[PDB]
Amino acid sequence: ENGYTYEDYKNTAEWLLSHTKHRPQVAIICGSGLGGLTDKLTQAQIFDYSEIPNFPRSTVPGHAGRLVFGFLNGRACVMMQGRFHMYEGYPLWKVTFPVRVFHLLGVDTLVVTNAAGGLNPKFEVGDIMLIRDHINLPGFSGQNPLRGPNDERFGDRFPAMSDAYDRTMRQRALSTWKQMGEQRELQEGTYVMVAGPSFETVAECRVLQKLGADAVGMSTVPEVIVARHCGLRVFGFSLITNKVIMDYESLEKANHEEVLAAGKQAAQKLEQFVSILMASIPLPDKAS
Amino acid sequence: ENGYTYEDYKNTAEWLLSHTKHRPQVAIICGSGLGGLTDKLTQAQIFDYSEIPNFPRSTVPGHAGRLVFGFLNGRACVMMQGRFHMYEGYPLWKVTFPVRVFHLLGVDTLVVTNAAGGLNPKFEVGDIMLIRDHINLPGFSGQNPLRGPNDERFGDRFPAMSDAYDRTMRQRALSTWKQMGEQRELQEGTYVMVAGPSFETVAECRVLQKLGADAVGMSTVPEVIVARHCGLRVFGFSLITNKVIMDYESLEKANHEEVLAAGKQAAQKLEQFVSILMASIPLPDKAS
Amino acid sequence: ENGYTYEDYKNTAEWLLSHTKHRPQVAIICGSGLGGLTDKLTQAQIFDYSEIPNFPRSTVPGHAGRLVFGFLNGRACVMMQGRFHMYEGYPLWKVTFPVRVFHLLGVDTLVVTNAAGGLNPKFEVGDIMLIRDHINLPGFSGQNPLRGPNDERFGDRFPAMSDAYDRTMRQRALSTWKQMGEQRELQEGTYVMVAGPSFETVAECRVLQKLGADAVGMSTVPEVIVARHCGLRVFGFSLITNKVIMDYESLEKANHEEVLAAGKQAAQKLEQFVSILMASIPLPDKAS
Ligand SMILES: Nc1nc2c(ncn2COCCO)c(=O)[nH]1
Ligand SMILES: Nc1nc2c(ncn2COCCO)c(=O)[nH]1
Ligand SMILES: Nc1nc2c(ncn2COCCO)c(=O)[nH]1
């Protein structure tokens, strides 16, 4: 919200339009190591955040920071490769700028991916967790992308998140996972946002499991919130890249350097899976 | 604390004095839909935050933002209709400016009202929860109105909140509720502050119940903290305006638009109840 | 991290070097009432934060704010008497400036002390809790000293804290406590950071015990995080100065004014104990 003015979004959206023949309907934010989805697009038109009017440029990850309008599995997409994270200093109203821009672009759906740790034991590093809900930890303390005066033009002052992650798409996906006979069922769970670079400590790991979080991460939640605030049908997954050490028997890891899950075909499984799901995303056409 | 200087408070308080024949003893902050209490005052003298020297002006709610010095049930009041919330961008040292101003006005008691969600099942939308305690969620993370250098003139560096909500007034109220034979006993509980516009998700609803919160809201706590820091006898209620969905059987709501609880006579029950309680508030006179 | 530039640290470290004949290996941050350790140093050379190039000066506690390079029990130290706390308005990247400076000074170990409340019943006011882990509460919400672009020169973007408090030194201390026959075993536990001046309320006391915190405080965690980010072997204790009231049978206290624990010989027991432990701290020499 804060920082930009509606015309900032207007301006950026419009410029994007007057610069891409494409008019997307689906906005996809690729987590770490899931940027590969950008390869699944046709008629791809790449834009470096850099060259886009108000778009936050990136920090070190910048050397992996672009917005690509393509076409994914029978849907006008606009993938964002390399999202913005709070721990990079981006105030949340910047992290989520793009989600507000997309809405203005005409995007009606936002599929949000992300690599995350595993709090739930049943998760196996590599798994893919359908996000059914979220525990916005930094929001409790004020770190919410909607802080500041509300832009009625975008949405309500007190949006409900109880329904964030689309029930329809979550069912029309637990099923689709079945469809291609993916062996092990698409895990489903609650993702807990946690900001700050550092990785949880076993003590923190436990207050996260107790709170009910199935997976932990440092993003998504802010983009879901404003996507919701906008209307944007929202659904997304979480590629468990490493299991968090819930007890003092350490010497066992969960390194991001050890993102190799996302540095494997795990990321590839979630990518194809997201492409197929383009078919499950409702069209703005309808047609009975 | 921060942002203003002691003379900012001095100045504003004094101006208020040199502008109102009244010298209040009780400061009341009306929650959403409880501003009606302003109607229960006699010799009311209204001041738009706007016209008061350092008082934060409001955002959209501004079109419901004034401080009215009246007289409530045998007590010199100063009601604040439409409080400041963190999610409106007000840094906490602005949200709570008024509480510090009141103290300088001579106010010795602060009754804080607020509309909130219902985490405790025994609560019925419409209920009125006496605040016995609070879980300051944004304070854990730094969002405390006392951050910054401490003004010894106002209080201690490390105030205790263990005793925030006055035991005396809480008992001299559970009783008073009995007095007028109000049918169902005045519920009592722990209010949990949660900032950010958004409404909790079922996942968040559950970490709130587990933490021990009886009701959830986006205010009060900051004003209680500095009121305490000042001395200010503090007691207040929480008008359960909607029950929070603790489980995935949604399609059931808790809309603020659906503030109709506070958009009913519920707000009226708490208002009269607060007026009567003016009698239970100790006087600075004493007189055996 | 943020606020300063690497050359700010470079500059301050170097100035410190070109101003102290000493080259420390161990950096000690004294909690409240544990500054006394400064008396256990030989060839002590005191520096007021004030006179050091980029070092945050202090607020009221300033009248107890210096960095003393001495020699503690056969180790080149650099004690910091009176640490910086978030609740004083210091952004975390200032609270922890010194830890980053020390590393540049050549310091390889950081022993962090702190006075804290007692959530665990088995703790007796006066006890000394070896910090085995921590629950960084303000970090979940964004208040992490590493927010902002990461300085690869100092460390990784996603440091692990699972191993923060050195296992070696924690065992080579539970033992050392035995060594001098200290009667009651060196308590060990999880410290929970909580910012904001205020002291927890019974409601907050309980969400702290439930989260798994053995003791509560308003510091250490930020300095541990960046110490870790740097490499810095980290271990530290927590002098339980008062038991937190976990239930509504109050009129029982935990005043910081009632820091007399730390205002006793309790602080003295932890101080000597820290001096002896200088012997357990590995040398950069090695020598079989
Ligand atoms: N907090 C957290 N995030 C993780 C973890 N594993 C992956 N992520 C996602 O952010 C870092 C990329 O690996 C983990 O163990 N903890
Ligand atoms: N967080 C939260 N606040 C509420 C709820 N209901 C009322 N409030 C008070 O703030 C919004 C006004 O209705 C609710 O369900 N959740
Ligand atoms: N939060 C908290 N910190 C404490 C307590 N006792 C000591 N400390 C450490 O910070 C204040 C110094 O006493 C306590 O009860 N609560």
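We name chains A, B, ... by the order of the sequence lines, and we start the count at 1 in each one. Every heavy atom of this structure was used, including side-chain atoms; hydrogens, water molecules and symmetry mates were not. The header says X-ray crystallography, 2.8 Å. Counting convention: from 1, in listed order, for ligands and their atoms alike.
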Partner of ligand 1 with most atom pairs under 4.5 Å, per the PDB entry: Purine nucleoside phosphorylase
PDB drug name, ligand 1: aciclovir
Other chains, non-hydrogen atoms under 4.0 Å from aciclovir (ligand 1): A
PDB source organism - chain A: Homo sapiens
